[PDB]
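Record below includes amprenavir.
Naming convention: chains lettered A, B, ... in sequence-line order (proteins, then strands); numbering from 1 in each chain. If you're wondering, the header gives X-ray crystallography, 1.2 Å. Each ligand, and each atom within it, is numbered from 1 in the order the structure gives.
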There are 2 protein chains.
Amino acid sequence: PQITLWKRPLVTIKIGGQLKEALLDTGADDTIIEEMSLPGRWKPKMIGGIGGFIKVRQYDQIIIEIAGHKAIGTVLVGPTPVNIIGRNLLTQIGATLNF
Amino acid sequence: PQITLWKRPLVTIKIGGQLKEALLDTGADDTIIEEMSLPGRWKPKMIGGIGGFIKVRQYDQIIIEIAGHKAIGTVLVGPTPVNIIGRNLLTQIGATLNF
Ligand SMILES: CC(C)CN(C[C@@H](O)[C@H](Cc1ccccc1)NC(=O)O[C@H]1CCOC1)S(=O)(=O)c1ccc(N)cc1
Ligand SMILES: [Cl-]
Ligand SMILES: [Cl-]
Ligand SMILES: [Cl-]
Ligand code: NA
C-alpha cells in the first residue's frame, strides 16, 4: 500500500496466531508489543522514548505478519501505549517514506 | 525523495530562523522540537509515550521548512530527546509510507 498520514497508520498484525492492531512507526528503532506470551528465551534491553529510558524483554527471531507481509525478527515486550512496528521490521517488509 | 528505514529518517529543517536535524516520525501525532523560542501565543500540553509524559508548550500556525518543503501547523516545544516531525506536518509535505 501507499499509506497517508491524516490518521494514525494502524494495521493488523498477526503474532502467536492472534490478530492485534499496531502502529507503523518510523520514529521507533525497534518493534515493541504489549504484554503477551512469546516462545523462547529473552534478553534484557534498554529503549528510549519521549519520557526517558525503560527496560524491556527482547525476543529474537519471532514470526510476525504485518498487514499481510511476513517478517521474522526481534520483538520487544514491555509497557507501551500501543503495539509499535518499528524500523527493524519496517525494513524487512520493504517500507519506505516518500514525499 | 524515497527514504529507506535502515537508519533513522533524519532530515534538516528550518524553524524560527534556525536549522535543526529532525526525525520523520509516522508514529508521532504532532511535531515536537527541543527547547527554543517561537513567536506568539502558546498553551501548555502533556504528551507521552515510552518512558512516560513530558510537559510542552503548544504553538499554533508555525511555519517549518522540512527538507525543502514548507508546511504550517502546530509545533510543540519541550524536553524531547529528539526533534520530531509528526503527522500533522508530514501530511502537508505529502509524505506517505509505501510497501
Ligand atoms: C510511542 C509513540 C506512540 C509516540 N512517540 C513517537 C515515537 O516514534 C518515538 C519517537 C522518539 C524517538 C527517540 C526518542 C524519543 C522519541 N519512538 C519511540 O518511542 O521509540 C521507541 C519505541 C520502540 O523503539 C524505540 S512519542 O515520541 O511518545 C510522541 C508522542 C506524542 C507526540 N505528539 C509526539 C511524539
Ligand atoms: Cl530484527
Ligand atoms: Cl497542525
Ligand atoms: Cl493526501
Ligand atoms: Na501562533
Task: amprenavir - ligand or chain assignment - done: ligand 1
Task: Binding partner of amprenavir (most contacts, the PDB entry) - done: protease
Task: Heavy-atom contacts of amprenavir under 4.0 Å: other chains - done: A, B
Open item on the list: Which of the numbered atoms in amprenavir are under 4.0 angstrom from any heavy atom belonging to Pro81(B)?
Closed with: 15 (C)
Task: Protein heavy atom at shortest distance from atom 28 (O) of amprenavir - done: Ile50(A) CG2, 3.2 Å
Open item on the list: Tell me the protein heavy atom at minimum distance from atom 1 (C) of amprenavir, and give that distance in Å.
Closed with: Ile84(A) CD1, 3.8 Å
TODO: Answer yes or no: does an N/O atom from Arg8(B) fall short of 3.5 Å to an N/O atom of amprenavir?
DONE: no
TODO: Heavy-atom contacts with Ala28(B) under 4.0 Å: which atoms of amprenavir show up? List them by number with element.
DONE: 34 (C), 35 (C)
Open item on the list: With the threshold set strictly below 4.0 angstrom, can you tell me whether any protein non-hydrogen atom sits that near atom 32 (C) of amprenavir?
Closed with: yes
- [ ] Enumerate the atoms of amprenavir whose separation from the nearest heavy atom of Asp25(B) is less than 4.0 angstrom.
- [x] 6 (C), 7 (C), 8 (O), 9 (C), 10 (C)
TODO: Please state which part of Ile32(A) comes within less than 4.0 Å of amprenavir, counting heavy atoms only: side chain, backbone, both or neither.
DONE: side chain
- [ ] Determine whether any heavy atom of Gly48(B) lies closer than 4.0 Å to an atom of amprenavir.
- [x] yes
TODO: Mark up the atoms of amprenavir that fall under 4.0 Å of a heavy atom belonging to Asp30(B), in ascending order.
DONE: 32 (C), 33 (N), 34 (C)
Open item on the list: Give the atom numbers and elements of amprenavir that come within less than 4.0 Å of a heavy atom of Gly27(A).
Closed with: 8 (O), 9 (C), 10 (C), 11 (C), 12 (C), 17 (N), 20 (O)
TODO: Go through amprenavir atom by atom and flag the ones less than 4.0 Å from a non-hydrogen atom of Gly49(A).
DONE: 15 (C), 16 (C), 19 (O)
Open item on the list: Within amprenavir, which atoms have a heavy atom of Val82(B) less than 4.0 Å away?
Closed with: 11 (C), 12 (C), 13 (C), 14 (C), 15 (C), 16 (C)
Task: Site residues for amprenavir, heavy atoms under 4.0 Å - done: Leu23(A), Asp25(A), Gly27(A), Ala28(A), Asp29(A), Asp30(A), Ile32(A), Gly48(A), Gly49(A), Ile50(A), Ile84(A), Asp25(B), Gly27(B), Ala28(B), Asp30(B), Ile32(B), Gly48(B), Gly49(B), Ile50(B), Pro81(B), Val82(B), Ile84(B)
Amprenavir N/O to protein N/O, distances under 3.5 Å:
residue	atom	partner	partner atom	Å
amprenavir	8 (O)	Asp25(A)	OD1	2.7
amprenavir	8 (O)	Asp25(A)	OD2	3.2
amprenavir	8 (O)	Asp25(B)	OD1	2.9
amprenavir	8 (O)	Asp25(B)	OD2	2.5
amprenavir	17 (N)	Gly27(A)	O	3.1
amprenavir	24 (O)	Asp29(A)	N	3.4
amprenavir	24 (O)	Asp30(A)	N	3.1
amprenavir	24 (O)	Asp30(A)	O	3.3
amprenavir	33 (N)	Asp30(B)	N	3.3
amprenavir	33 (N)	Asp30(B)	O	3.2

